[PDB]
There are 2 protein chains.
Amino acid sequence: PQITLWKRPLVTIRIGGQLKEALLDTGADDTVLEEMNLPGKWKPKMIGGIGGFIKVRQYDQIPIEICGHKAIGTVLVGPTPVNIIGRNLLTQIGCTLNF
Amino acid sequence: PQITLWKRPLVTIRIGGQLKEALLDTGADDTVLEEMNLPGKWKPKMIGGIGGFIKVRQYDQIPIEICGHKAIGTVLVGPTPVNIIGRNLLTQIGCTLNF
Ligand SMILES: Cc1cccc(C)c1OCC(=O)N[C@@H](Cc1ccccc1)[C@@H](O)C[C@H](Cc1ccccc1)NC(=O)[C@H](C(C)C)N1CCCNC1=O
């Protein structure tokens, strides 16, 4: 697909039975979703946004489907105002910026 | 150009004869640059994201050259952690996400 940037590039993502709306975000190093009880081990982490840092839980090797494209990798969970798909997963679905 | 996402999509911009490094950010509605002096009558503004809110100065109709592509639009100036080129200017230079 080609995705223009006239509005926020919001897409449907799927993880283990849950559907969520998430931002395709080239300015984010990693992927963060709010409110979800993922399975497995996790470790605490701090990530920086425009106003400062939030605390998140880092889950590794989590399968996620984004616009029908399968991926697997690190998913952070914490109090993000908007669900974000970051570069760690964007690369996995073959996403580039073009102009 | 095509820009991949294994690394941060940092590119050189030119504004008021100054060269700066800025992030091409599909997750940003607005363009926000680190503290600098720009001429013109700016309006005080607040923006909130991950980590909360910052105070910025909104300058309108500012020319900026992004990888040799000319844009003229709104630029926010304040204590952003990194120079950010948002969708308002990315659309002016014909930038899309593709996968
Ligand atoms: C940098 C990073 C590292 C690891 C993991 C993650 C998720 C990371 O990214 C976190 C992050 O906030 N990145 C931002 C840019 C960034 C990178 C590095 C440091 C600081 C910031 C940006 O791309 C996304 C973020 C999304 C957002 C969040 C809450 C509300 C609305 C939007 N967008 C915004 O904050 C924008 C700003 C930039 C104008 N924004 C806020 C006003 C309303 N609308 C809007 O679009």
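Letters A, B, ... label the chains, following the sequence lines from first to last. The residue numbers of chain A are those assigned by the PDB entry, with the residues present covering 1-99 sequentially. In order, the residues displayed for chain B correspond to 1-99 in the PDB entry numbering, which applies throughout. Quick check of the header: X-ray crystallography, 2.0 Å. The basis for the numbers below is simple: all heavy atoms, side chains too, and nothing from hydrogens, waters or symmetry mates. Counting convention: from 1, in listed order, for ligands and their atoms alike.
The compound at ligand 1 is the drug or drug candidate lopinavir.
Short version: main partner of lopinavir, named per the PDB entry, is Protease. Those other chains that come under 4.0 Å from lopinavir, heavy atoms only, are A, B.
Within the structure, lopinavir has B/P81 among the residues with a heavy atom less than 4.0 angstrom away.
Geometrically, lopinavir and A/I47 share no nitrogen or oxygen pair separated by less than 3.5 Å. The protein heavy-atom contact nearest to atom 29 (C) of lopinavir is B/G49 CA, 3.6 Å. Numbered from 1 in the order shown, with element, the atoms of lopinavir that lie under 4.0 Å from a heavy atom of B/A28 read 38 (C), 46 (O). Where the criterion is an N or O separation shorter than 3.5 Å, residue side chain and backbone included, B/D30 fails it with respect to lopinavir. When A/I50, B/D25, A/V32 are ranked by how near their heavy atoms come to atom 14 (C) of lopinavir, first place goes to B/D25. Close contacts between lopinavir and B/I84 involve ligand atoms 15 (C), 16 (C), 21 (C), 38 (C) [criterion: under 4.0 Å to a heavy atom]. Of the polar atoms of B/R8, none of the N or O atoms is found under 3.5 Å from an N or O of lopinavir, judged by distance alone.
For atom 40 (N) of lopinavir, the protein comes within 4.0 Å by no heavy atom at all. The protein non-hydrogen atom at the shortest distance from atom 26 (C) of lopinavir is B/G27 O, 3.7 Å.
At the shortest separation from atom 18 (C) of lopinavir among protein heavy atoms lies B/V82 CG1, 3.7 Å. In this structure, B/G48 counts as a contact residue of lopinavir, since one of its heavy atoms falls inside 4.0 Å of the ligand.
Given atom 46 (O) of lopinavir, the protein heavy atom at minimum distance is B/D29 N, 2.7 Å.
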